[PDB]
Amino acid sequence: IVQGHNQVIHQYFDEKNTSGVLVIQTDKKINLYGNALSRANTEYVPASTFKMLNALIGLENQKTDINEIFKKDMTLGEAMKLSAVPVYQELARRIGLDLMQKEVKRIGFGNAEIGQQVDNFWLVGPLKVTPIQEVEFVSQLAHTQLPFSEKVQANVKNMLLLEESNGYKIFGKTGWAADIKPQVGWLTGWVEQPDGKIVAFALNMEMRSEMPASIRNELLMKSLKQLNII
Ligand SMILES: *C(=O)[C@@H]([C@@H]1NC(C(=O)O)=C(S[C@H]2CN[C@@H](C(=O)N(C)C)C2)[C@@H]1C)[C@@H](C)O
C-alpha cells in the first residue's frame with residue numbers, strides 16, 4: 001500500500017476544497033491518491049455502499065431474488081441505483097439481526113459490528129470500514145472471490161454497472177452519510193478494461209451539503225483518466 005504518482009490528482013481534490021482519498025487496487029498492488037491520504041486507513045460508516053453486501057446476503061439466503069418486485073414498484077437491482085423506496089431496509093429486516101451479524105463477521109467486513117438495529121447500522125454506525133477494506137471487498141466481488149454463490153456474485157455485479165465507454169465498463173456504488181458529522185462520501189467499484197483486466201477503486205471524501213452528488217463521479221473519472229485506467 002503505497003502513495004502513487006499523486007502530483008495531479010492531489011490538485012483535483014484541492015480544487016473542490018475538501019479532503020479525499022482514492023485507493024486503487026490492481027493485481028496485488030494498492031496505490032493511494034488524493035489530498036488526504038490518511039483517510040485510506042480511517043474507518044467510516046459505509047452508508048449506501050453496504051447495499052452491495054446486503055444484496056449478496058439476501059440473495060444467498062433466499063430472502064429475495066433478482067425478479068422480486070418491491071411495492072414506484074422496484075426490483076433489488078433498480079433499488080441499487082435509486083433509493084425512492086426502502087427496499088434494502090426491508091431486505092435487512094427479512095435477513096434479521098442474527099443472520100446479518102453472522103454473515104458480516106464471516107465476510108469480515110470492516111469492524112464487523114452491526115449493533116442491535118438491523119435496518120440502519122450501515123448509515124449511522126456502529127459498522128465502519130476503511131477505504132482500503134472497501135477496495136479489497138469490491139475487488140473480491142469483481143473476481144468472484146467472495147464466499148458466496150458464483151451466480152449471486154454475478155447477479156450483484158450486474159446491478160452495479162454505472163457507465164460503459166469505448167469498451168471499458170465502470171461498475172460501482174455511491175454512498176453519502178449526510179446525517180453524521182463530518183459527512184462521508186463514497187464511490188467504490190471497479191473498471192473492467194477491454195481486454196478483461198480489473199482495476200478496483202474506492203473514493204472516499206468529506207462531503208458538504210451544497211455539493212452535487214455527481215462530484216464523486218467527476219473526481220473519480222478525472223483521476224482514472226489521469227492514471228490511464230480508462
Ligand atoms: C446511501 O448512501 C444513501 C443513498 N445514496 C446516495 C448517494 O450516494 O448519492 C443518496 S444520499 C445523498 C443524495 N442526496 C441527498 C438526500 O438527502 N437525498 C436525495 C435523500 C443525500 C441516497 C439517499 C441512503 C440510502 O443512505
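Sequence positions, counted from 1, serve as the residue numbers for this chain. The analysis underlying the following values was restricted to heavy atoms, covering all of them including side chains, and did not include hydrogens, waters or symmetry mates. Just so you know, ligand 1 is whichever comes first in the structure, and atom 1 is the first atom listed for that ligand.
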Which macromolecule here is the main partner of ligand 1 by heavy-atom contacts, as listed in the PDB entry? Beta-lactamase
I'd love to know the name of the drug at ligand 1. meropenem (bound form)
Going by the order shown, which atoms of meropenem (bound form, ligand 1) are within less than 4.0 Å of some heavy atom of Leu123? 26 (O)
Would one find an N or O of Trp176, backbone or side chain, under 3.5 Å from an N or O of meropenem (bound form, ligand 1)? yes
Just wondering where the covalent bond from meropenem (bound form, ligand 1) goes, residue and atom, if there is one. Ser48 OG
How far is atom 22 (C) of meropenem (bound form, ligand 1) from its nearest protein heavy atom, and which residue and atom is that? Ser83 OG, 4.0 Å
With respect to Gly175, determine whether any N or O atom, backbone or side chain, lies less than 3.5 Å from an N or O atom of meropenem (bound form, ligand 1). yes
Give yes if a backbone or side-chain nitrogen or oxygen of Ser48 is under 3.5 Å from a nitrogen or oxygen of meropenem (bound form, ligand 1), and no if not. yes
Nearest-option assignment for atom 8 (O) of meropenem (bound form, ligand 1), heavy atoms, candidates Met211, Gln89, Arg216: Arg216
Which of the UniProt active-site residues in chain A lies nearest meropenem (bound form, ligand 1), and what minimal heavy-atom distance separates them, to the nearest angstrom? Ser48, 1 Å
Can you tell me which residues in chain A that UniProt annotates as binding beta-lactam end up with a heavy atom closer than 4.0 Å to meropenem (bound form, ligand 1)? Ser48, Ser83, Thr174, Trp176, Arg216
For meropenem (bound form, ligand 1), which residues in other chains have any heavy atom nearer than 4.0 Å? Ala47, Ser48, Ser83, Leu123, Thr174, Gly175, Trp176, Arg216
